[PDB]
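Penicillin-binding protein PbpB in complex with amoxicillin (bound form).
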Amino acid sequence: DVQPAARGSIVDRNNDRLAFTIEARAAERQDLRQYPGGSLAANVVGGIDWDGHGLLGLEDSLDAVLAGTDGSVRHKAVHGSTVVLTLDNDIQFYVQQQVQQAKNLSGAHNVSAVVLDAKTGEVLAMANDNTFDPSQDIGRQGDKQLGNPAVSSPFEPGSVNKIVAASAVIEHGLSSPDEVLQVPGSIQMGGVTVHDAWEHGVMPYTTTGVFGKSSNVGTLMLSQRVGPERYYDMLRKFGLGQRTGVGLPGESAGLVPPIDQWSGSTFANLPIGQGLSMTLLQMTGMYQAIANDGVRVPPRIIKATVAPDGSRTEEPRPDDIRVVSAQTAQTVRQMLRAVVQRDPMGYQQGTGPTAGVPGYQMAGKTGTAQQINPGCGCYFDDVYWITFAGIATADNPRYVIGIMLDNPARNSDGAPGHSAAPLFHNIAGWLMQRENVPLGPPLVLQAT
Ligand SMILES: *C(=O)[C@@H](NC(=O)[C@H](N)c1ccc(O)cc1)[C@@H]1N[C@@H](C(=O)O)C(C)(C)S1
Ligand SMILES: [Co+2]
Ligand SMILES: [Co+2]
Ligand SMILES: [Co+2]
Ligand SMILES: [Co+2]
């Protein structure tokens, strides 16, 4: 005769329940899995099988923790432990809803977003559009997203990768935010030709402006100062090409070609974010490093487990990784404020003015990466991954936000363009309001 273990529950950081079991009947007694939020975080949480064991998601990957072990008679029943996630359901719900309507408004194939706690790298929200509902039969949801693209599905970052170049060039003392540069409209590098997204003669962009206006040419000129080895070294320190260990099934490691295999043109591509791929989580994790004064903390979604008696064990914190100094990180945060700076005369406006929130030192970076055309082995001309990653706020980092839009026809808010900045605006602005966070001179992107 068998004594069944009672399945543990999955809850958020404040013990708001995401998944829990109730006892019912039909093989007479039947345990019913409940999902009071429906699709809420179902990309992370997953769903249950007919036998009451995990089918996919954390229900499956932590099944042994959640299922326990059945007793007998004499062996006692080890009931399932409760899993406490780092997620905040309120933030998850808002972000997940905003991700869905950015996908609707923008016409993108898909949208995903990640919010990290800036100091600890804990995952506060992780969402994609079209999230399935685990309270319903999965075979009836082939049109739904059943997985977790934010960790499983790498993409080329494009210009949001320029945080690496910016971090290296400041960390090695090779430039400063105010340095006046001379930036041609194109250069020949590594045997290939790199253009800026707008035609221009030599422009007196500051280093700040190179990243604020997202000059590819300016980025490569600065990267020539870093050199491949210090640049590749910093890619590795920012954690690219390597799984984070976040504790979710199906995490991709992405792809960074090791320096021993680069072609002549590789260095002309990586610093502007093409020729490598990363997940949204890796992307957001890079900006977490700069937000946490240069110390990257690998993100984590399991906060703790609670044993059946009620004793709580915290998850072990991952080891700090210093990427750049605190001084360098603070300088990059300030400089990325220029990305969201507005200028009616155009000259001192970054690529993402709609992402700024007046009253706050928002800092971030836009991205537009060309996707590979699967039929030619070559890049599409008009098919993009759109990215934004930012920090709320530069003077007091609390939240890191990463966003990717898969080839939108419009802005995330539905206006003409291809920008994820309005979605950052909405999320970061709402995060400041709800915590009642309180409120200098304009930055120079372009000299004379
Ligand atoms: C980084 O993402 C850069 N983008 C490109 O170089 C890309 N090939 C591209 C060129 C021209 C387009 O019309 C679209 C993509 C720079 N960063 C982008 C950004 O949004 O920040 C641009 C400013 C578009 S160029
Ligand atoms: Co025995
Ligand atoms: Co030209
Ligand atoms: Co267009
Ligand atoms: Co607004």
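Quick note: residue numbers are just sequence positions, from 1. All values below were derived from every heavy atom in this structure, side-chain atoms included, with hydrogens, water molecules and symmetry-related copies excluded. Each ligand, and each atom within it, is numbered from 1 in the order the structure gives.
Within the model, the positions assigned to amoxicillin (bound form), copies included, correspond to ligand 1. Covalent bonding of amoxicillin (bound form, ligand 1), as deposited, involves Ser159 OG. Of all the atoms in amoxicillin (bound form, ligand 1), the ones that sit under 4.0 Å from a non-hydrogen atom of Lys365 are 21 (O). The closest protein non-hydrogen atom to atom 10 (C) of amoxicillin (bound form, ligand 1) is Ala197 CB, 4.1 Å. Checking UniProt active-site residues of chain A against amoxicillin (bound form, ligand 1), the nearest one by heavy atoms (to 1 Å) is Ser159, 1 Å. For atom 13 (O) of amoxicillin (bound form, ligand 1), the closest heavy atom belonging to the protein is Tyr384 OH, 4.2 Å. At the top of the distance list for atom 21 (O) of amoxicillin (bound form, ligand 1), counting protein heavy atoms only, stands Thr366 OG1, 2.7 Å. For atom 6 (O) of amoxicillin (bound form, ligand 1), the nearest protein heavy atom (residue, atom name, distance) is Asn216 ND2, 2.4 Å. Nearest protein heavy-atom contact of atom 2 (O) of amoxicillin (bound form, ligand 1) is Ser159 OG, 2.2 Å.
For atom 18 (C) of amoxicillin (bound form, ligand 1), the closest non-hydrogen atom of the protein is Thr368 OG1, 3.7 Å.
For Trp198, the heavy-atom gap to amoxicillin (bound form, ligand 1) stays at 4.0 angstrom or more. Shortest contact from atom 8 (N) of amoxicillin (bound form, ligand 1) to any protein heavy atom: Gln370 OE1, 2.7 Å.
Other-chain residues and nucleotides with a heavy atom under 4.0 Å from amoxicillin (bound form, ligand 1) are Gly158, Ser159, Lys162, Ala197, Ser214, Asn216, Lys365, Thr366, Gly367, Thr368, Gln370, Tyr384.
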